[PDB]
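Structure record follows, encoded as structure tokens.
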Amino acid sequence: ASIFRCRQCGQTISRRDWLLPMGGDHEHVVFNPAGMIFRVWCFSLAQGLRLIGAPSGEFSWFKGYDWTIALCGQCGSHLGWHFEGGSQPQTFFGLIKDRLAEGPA
Ligand SMILES: O=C1CC[C@H](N2C(=O)c3ccccc3C2=O)C(=O)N1
Ligand SMILES: [Zn+2]
């Protein structure tokens, strides 16, 4: 199981080989201001998304990064966020682990 697809429609999104240990773990669990919990997996790279609007620094979970919502490009399901404007790396993807399906290439 080396590739991740959108759990709702099957759109190709990312790969196990593209997981990124930010802060020493690719997995981060975080809460938004509405108290929703997200088990976030960091990826260096993703595809098949649509990044919505312009970046925002408000409530950013990752120091020095601004965020844009990442929808599945096919079905519109909220898969995570694209993070940017930071350093080493300048950008990365934080994707919600239970909204993805993992399986064979
Ligand atoms: O790093 C992030 C990404 C965006 C995320 N976020 C949300 O998931 C959310 C839902 C409702 C209102 C405001 C927010 C918000 O800033 C958040 O809390 N931090
Ligand atoms: Zn989808």
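Chain A is numbered as in the PDB entry; shown residues: 19-123, in order. Every number for a ligand or one of its atoms is a count from 1 in the order of the listing. So how was this one determined? The header says X-ray crystallography, 1.9 Å. Side chains are part of it too, since the values below use all heavy atoms of this structure and drop only hydrogens, waters and symmetry mates.
PDB records give the name of the drug at ligand 1 as S-thalidomide. The main partner of S-thalidomide in this structure, judged by heavy-atom pairs under 4.5 Å and named as in the PDB entry, is cereblon isoform 4.
When heavy-atom distances to S-thalidomide are checked against a 4.0 Å cut-off, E76 comes that close only through its backbone atoms N, CA, C and O. Within S-thalidomide, the atoms closer than 4.0 Å to a non-hydrogen atom of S78 are 1 (O), numbered from 1 in the order shown. Under 4.0 angstrom from S-thalidomide, the non-hydrogen atoms of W85 all belong to its side chain. Closest to atom 19 (N) of S-thalidomide among all protein heavy atoms lies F77 O, 2.9 Å. For atom 8 (O) of S-thalidomide, the nearest protein heavy atom (residue, atom name, distance) is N50 ND2, 3.0 Å.
When non-hydrogen atoms are compared, S-thalidomide lies under 4.0 Å from the side chain of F101 (C-beta onward) but not from its backbone. In terms of protein heavy atoms, atom 15 (C) of S-thalidomide is closest to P51 CD, 3.8 Å. Closest protein heavy atom to atom 17 (C) of S-thalidomide: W79 CZ2, 3.2 Å. Residues with a heavy atom within 4.0 Å of S-thalidomide: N50, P51, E76, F77, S78, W79, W85, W99, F101.
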